[PDB]
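Figure: structure with telacebec.
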Amino acid sequence: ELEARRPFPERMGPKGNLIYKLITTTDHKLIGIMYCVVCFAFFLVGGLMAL
Amino acid sequence: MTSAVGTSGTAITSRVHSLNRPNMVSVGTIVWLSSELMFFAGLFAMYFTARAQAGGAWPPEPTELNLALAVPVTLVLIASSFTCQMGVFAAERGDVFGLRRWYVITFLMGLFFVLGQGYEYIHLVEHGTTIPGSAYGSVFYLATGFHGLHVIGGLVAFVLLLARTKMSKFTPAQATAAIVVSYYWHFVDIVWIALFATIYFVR
Amino acid sequence: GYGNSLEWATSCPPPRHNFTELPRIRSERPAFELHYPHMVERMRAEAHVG
Amino acid sequence: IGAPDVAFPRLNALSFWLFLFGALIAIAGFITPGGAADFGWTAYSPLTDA
Amino acid sequence: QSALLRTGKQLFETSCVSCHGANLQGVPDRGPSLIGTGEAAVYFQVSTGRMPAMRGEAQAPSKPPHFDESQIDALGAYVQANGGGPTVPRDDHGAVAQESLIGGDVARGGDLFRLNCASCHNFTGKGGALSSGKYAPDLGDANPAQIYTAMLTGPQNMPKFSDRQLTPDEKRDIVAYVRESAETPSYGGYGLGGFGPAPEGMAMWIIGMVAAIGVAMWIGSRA
Amino acid sequence: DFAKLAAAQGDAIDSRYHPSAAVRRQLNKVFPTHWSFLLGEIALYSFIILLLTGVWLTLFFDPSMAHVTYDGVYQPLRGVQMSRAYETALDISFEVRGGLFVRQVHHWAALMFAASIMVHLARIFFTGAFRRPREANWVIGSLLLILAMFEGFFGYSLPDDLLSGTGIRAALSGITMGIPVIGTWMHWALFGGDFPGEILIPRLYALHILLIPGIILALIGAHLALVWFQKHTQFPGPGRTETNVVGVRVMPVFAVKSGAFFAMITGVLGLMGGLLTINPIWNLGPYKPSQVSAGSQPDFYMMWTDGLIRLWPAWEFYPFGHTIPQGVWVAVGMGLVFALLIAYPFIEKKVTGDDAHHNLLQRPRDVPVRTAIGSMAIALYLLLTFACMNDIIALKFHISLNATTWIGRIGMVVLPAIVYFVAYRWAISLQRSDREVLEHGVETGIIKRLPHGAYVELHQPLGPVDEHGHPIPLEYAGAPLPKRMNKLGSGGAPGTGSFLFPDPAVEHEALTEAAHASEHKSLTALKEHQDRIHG
Amino acid sequence: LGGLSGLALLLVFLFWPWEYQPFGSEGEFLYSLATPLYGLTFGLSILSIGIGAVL
Amino acid sequence: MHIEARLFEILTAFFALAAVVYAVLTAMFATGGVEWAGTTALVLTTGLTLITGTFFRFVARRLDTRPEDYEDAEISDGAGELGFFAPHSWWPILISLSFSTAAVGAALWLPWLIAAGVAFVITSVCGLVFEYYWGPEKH
Amino acid sequence: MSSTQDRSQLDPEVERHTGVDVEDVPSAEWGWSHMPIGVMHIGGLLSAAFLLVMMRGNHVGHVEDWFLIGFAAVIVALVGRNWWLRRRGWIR
Ligand code: HEA
Ligand SMILES: CCCCCCCCCCCCCCCC(=O)O[C@H](COC(=O)CCCCCCC[C@@H](C)CCCCCCCCC)COP(=O)(O)O[C@H]1[C@H](O)[C@H](O)[C@H](O)[C@@H](O)[C@@H]1O
Ligand SMILES: CCCCCCCCCCCCCCCC(=O)O[C@H](COC(=O)CCCCCCC[C@@H](C)CCCCCCCCC)COP(=O)(O)O[C@H]1[C@H](O)[C@H](O)[C@H](O)[C@@H](O)[C@@H]1O
Ligand SMILES: CCCCCCCC/C=C\CCCCCCCC(=O)OC[C@H](COP(=O)(O)OCCN)OC(=O)CCCCCCCCCCCCCCC
Ligand code: HEC
Ligand code: HEM
Ligand SMILES: CCc1nc2ccc(Cl)cn2c1C(=O)NCc1ccc(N2CCC(c3ccc(OC(F)(F)F)cc3)CC2)cc1
């Protein structure tokens, strides 16, 4: 009736679980997250230009 | 590892079942070809706006189009398109060898078209017209040379796909790859037919 | 809450391949119909009134 | 749309990377001594000629 | 000539008055004074296309000429009349002498080049990097007259080799060496630029190493 | 009767000598068949070519600074004073048939020698081939590499040239003079006087054609003897253990493929010597202390030295009436560099504590710290090498020379750190990819589950399958894992007729089931040997 | 192919317009690809022999 | 495949109409007749839509109603073998880097860099295209 | 189907008990997998110090000094964040 859940979900995950994914990931969700992160990097680059 | 988890004949299969569902790779290549059409539309716009601005003699005096070699190359390109369609006909069947033969002769005809275009290019260059020489020369060379780059890409695709058919048992996925390559080649020679009807016929 | 689009019909961190359980898509907003079956009929009834 | 992935997912990965590096090379105009593109965003013709 | 000066003035009044005052005195922090620069300076600077500079940066780059030969001569004559200075060499006909500027001696021209030109350009006339955003461009494109006028007037961060440092004979000799190096085929296969160690090492690590490693992968196994 | 003649000669040899036991012992020696293990061979092969070319060059080269007027064929250098060494280099290039080709392939072989040594060093470092059994090998190999570099420097320095002359002036003269206590004394001993000393080029000739090649040959003999008797290490695999060598015996297979690889490496070097121009000295006038060029780089294996010169911020110290020039720094640098390269396995065993006899190599991913360290070292080497080319990089790629210098200055501290972090995380990620494929199996196309719309990648277990769908995870054993069904027996039976036409179906069958049987028997034999090792 | 390339190396080395030709002189083009031809033929010869051995 | 076809025939019809009206109203009522830049662009975007819509209509006539094209379709109707969807691959990043090398060699006029980038692009595209077909090493 | 499971007996030698664990690094036993965090932080501080000291040299310009300051400050901030998180137990 009661589930054995962690008190708080994993914050970061294990070391080195992402770099090779980024290099190779074919999952669309991760690619979209990359798009968003890189696009805000650029949205800061521009915008700093504006300032 | 009793026998297999995925009971599939090959590690690579058609991205969607082409019998009752569209050949998804075919749809993708058709979309991309439709976009490359608009790229060539940009090139045609450049050429046409240049044409409108000439003083009534659109090919300058130093330039004299070599139709004698220009017609044969277009004939060779349409023949290569026909042989590519024959290669497709072989591809729908399990006859990888017929596909390879047809695509090899199509590759040879496309290479001959490229060689003839290069010969005509050097003939025009030696007789004055060049990209840094004239507006007509520049637009003509730009349009025909981007078409030639497309042709070279098609030859690259032909050789790559023949090699791919050599390294795996001929699959329906390989047939779809051959079909999309044929679609690209048909786009290439259709664009050439337009470029010939404009550059050499309409003038 | 009260989402639509079939995107909220999968584990909020979506599984690889986006789904383990796909609702019977009946309208533009399948997730709302799944989570709120009682509104299904309502959705079909009040729709035309505008 | 209830799909497991995109149609050509290696292709969309290629699209993302082509973007990232194309944007990087375009922005790399700044490291050059002359600087980045001085002509307006629209980059009208004669101002963009060599 | 009167009409030549008129045309030069017309072209000047609408292409460069912004950088250089209408009286040819340089506008402060925009362009230098053209008084005394000479027809040679104008010819070299405008024939190479540098002068419609269109920006103030570390190094004004070469670009397609914005004026034709006659207009180049008109501008140069205008500047020559205003201040008076070096004049572009010309042959019997009157055109800018280019064939006549190829000095007969090349070994002496080679020594002159290596002592003076190679310092920044190259062993064989290629380009070279300079202090901060500057560089010495490749000499392959410059025609004999352009090389001569470049020596005769140091454009920017170029030492100005007056007619006394390099007499017309030495200037023609250097022009001959420059043209010979620029147009001489690289004996011993495709000459990777002119810089030896860098293109050579890059070509090793690409061609030879990729080939050797690929052949090793073909011969060898993976495990 | 060639068979009878061969038998008679074998009997004569075995009657006078008794090498039957020894000959059989080497002809049966097993060598692992991994492509990476051929990397070292390249260097050896290149080395041989150098020798074969070098002797040729010695028949036409006169080392001397005796000033002479060219008076030769090459017009652009006529009546120009040059050292006899430069004149003979020009004569080889122009006067002797094939001399340009021979010296060109010699220089290309020198570059390939250096590059292949670097690649081999990287291979053995990342694979951990330097551990307990084979530190000495590493050490001598390090020395060997060092020698090669210096000989390369003495090679293009032999033809007295403007580029090579200014390289001598910078490196030898300036740095040796900079050394505090004996620097000037070492400079005067090496040159027999000041820099333009008339006994430099002959001394470099002696060092380069006789001394250093001899030392390199002796060290290569030691290297190959150790590898031969410390039987080559191997990668982990099915039937591979720390106490065996799985591969191909020397005589039938290994010898043939090694000879063919030497032939193909010689072919690559000849093609480069023809089609690519290396060190066009004729464009480079004879060395004069005043004449200069903008490029002024050494061969790529000393570009790291030159870049370290460029990027080190002009730091000098001035003791009581004495100067310690900034050049001194690079010497110390080299020391540390070499002092760290030659000694690395001992630092590794002191830090890690691995004092065990290691015969199975380690995949670089399985050693994240050492892989990160090696990536950091390669990053620093590349940064220094490109810093040496910052002049040309700025010229071609429009970047201000000061900007490139400061990019290198900040990089030689920052880029190593970033590369270490990235390489560490990358190695761990490769480990996790291996674990994922072990615990799930290879990935394939997607399928939609029947009742509901679940999407599953349809994995492929690599081992026993549990009662339910998911398999029993396998245990990592240090061997590569198949991430693609591509590389398994899936969709890999093309028509064996030809490229154009088929063969009869009976022939295709015979061939394909024969190959299937052969590969299954190979797998079965390896598995049976594996089981027999323990069980 | 390796053998034909070696024969071509012999033929080109024996009979080819090598020797420095001053810039501009007719026959300079033949010289400019003399050493390239030597290297091309030699490399193709030995490379093809090695390829045949590997195969 | 009928709805996404009709979409493209509607777009094709509008683009053909727009190109025709632009050509008619520029050939006269304009300083230099047909603009020849907007006109050709409109004509060939009409062609773009025409090609896509023609292919879609061909396939739709070739294809019986799919579950995705069928209203009142149960999820179990579409359940079954979906096609191959490429798993992880690092070749796309290499293709991107190759094209970036070629692009910088084009911007910075470095013909050697253009050639190197083209070679890299061919190699990386070969790797991607052959990634899931390279048979096992035979030794 | 053409593949067989592999097993390797590797001589194990410290006793791989202090430092890294297989959960963090899946191949901890297979080779050097732990670099102490102390050497991390010391090296980062040394990198920042080197960046600062290069401000002293022969360069009239000051864009260079400002870039050095920025990079060294970034390194110091990264090292400080890592040290603070480690001290507190990877919190915040
Ligand atoms: C999506 C497009 C977009 C966006 C979001 C903006 C956002 C802004 N733009 Fe925009 N702007 C354009 C597109 C855009 N602009 C275009 C297309 C032009 C015409 C260009 C041309 O003429 O060629 C233009 C022109 C333009 C001009 C005219 C310049 C000129 O031509 O003379 C100005 C002047 O103030 C301006 C201001 C701003 C400001 C103040 C914002 C703000 O909304 C920006 C918000 C700022 C930030 C988000 C920065 C804050 C972040 C940081 C401080 C962190 C930085 C850290 C790092 C980089 C590590 N813009
Ligand atoms: C196994 C090795 C195979 C090697 C192939 C061998 C090819 C043989 C080529 C033909 C015979 C030899 C040609 C010798 C004649 C010759 O040298 O060839 C020049 C060209 O040179 C260039 O420009 C470059 C043009 C681009 C095409 C060639 C690129 C080939 C590269 C890619 C191969 C090496 C590998 C490098 C990879 C690096 C990539 C790193 C990722 C051509 O003249 P030009 O173009 O005008 O040179 C200018 C003078 O004019 C002018 O003054 C002068 O001042 C200059 O401006 C000069 O450029
Ligand atoms: C493998 C190599 C990887 C790179 C590794 C290193 C990464 C660390 C990057 C450190 C960046 C440091 C940038 C600062 C540099 C600096 O301090 O210099 C400035 C110029 O700033 C700049 O450009 C900013 C440049 C920033 C770009 C760094 C980008 C990273 C690139 C290089 C990555 C691509 C690598 C691809 C490798 C290919 C594969 C390799 C196998 C001003 O010079 P200057 O020009 O003289 O300006 C005068 C004033 O001084 C004076 O006041 C004023 O009055 C004026 O007169 C003015 O002239
Ligand atoms: C982007 C490329 C760059 C920008 C876009 C260019 C597009 C052009 C495409 C095709 C045209 C190729 C046909 C070339 C042959 C036609 C004849 C001709 O062009 O005229 C002779 C002139 C001399 O004329 P001259 O001085 O007056 O002396 C007369 C002697 N008596 O040669 C030339 O400069 C022509 C050299 C052009 C080489 C272009 C290489 C394209 C490959 C780029 C690879 C992809 C890069 C990816 C970038 C994202
Ligand atoms: C670094 C000092 C310096 C030396 C010394 C020098 N140059 Fe230059 N050279 C330059 C610079 C900087 C330019 C760029 C001119 C400009 O931007 O207007 C240049 C431009 C040129 C050009 C123009 C080529 C073109 O395409 O624009 C030629 C020709 C030339 N130099 C030849 C020579 C010759 C001949 C000598 C020997 C008399 C020489 N240079 C000595 C730095 C130098
Ligand atoms: C063992 C490793 C060796 C290396 C790395 C090496 C490297 C080099 C290099 C790069 C050059 C420049 C050639 C040029 O630019 O024209 C050179 C020149 C020369 N080498 Fe070596 N070499 C080696 C061995 C030898 C040997 C064994 C000999 C003699 C048997 C030799 C004899 C010569 C001679 C005579 C020259 C000058 C001739 C000329 O430059 O044309 N070399 N060397
Ligand atoms: C300088 C950089 C450079 N700039 C250019 C410009 C143009 C060109 Cl073309 C080439 N370059 C280069 C160049 O090629 N550099 C290679 C080089 C550098 C240093 C040494 N060093 C040997 C040891 C000496 C030494 C050190 C310690 C000693 O003490 C001991 F060992 F205990 F006895 C004794 C001697 C210092 C010189 C060799 C090659």
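Throughout, a chain's letter reflects where its sequence line sits, starting with A, and its residues are numbered from 1. Both ligands and their constituent atoms are indexed starting at 1 by order of listing. Partial entry shown, contacts counted within.
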Please list the parts of the model that make up telacebec. ligand 7
Which chain contacts telacebec the most here, in the terms used by the PDB entry? Cytochrome bc1 complex cytochrome b subunit
Name every other chain with any non-hydrogen atom less than 4.0 Å from telacebec. F
Identify the binding-site residues of telacebec using a heavy-atom cut-off of 4.0 Å. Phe150(F), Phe153(F), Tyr156(F), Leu163(F), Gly167(F), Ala170(F), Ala171(F), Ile175(F), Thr176(F), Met186(F), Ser296(F), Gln297(F), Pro298(F), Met302(F), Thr305(F), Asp306(F), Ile309(F), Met334(F)
Entry organism field for chain F: Mycolicibacterium smegmatis MC2 155
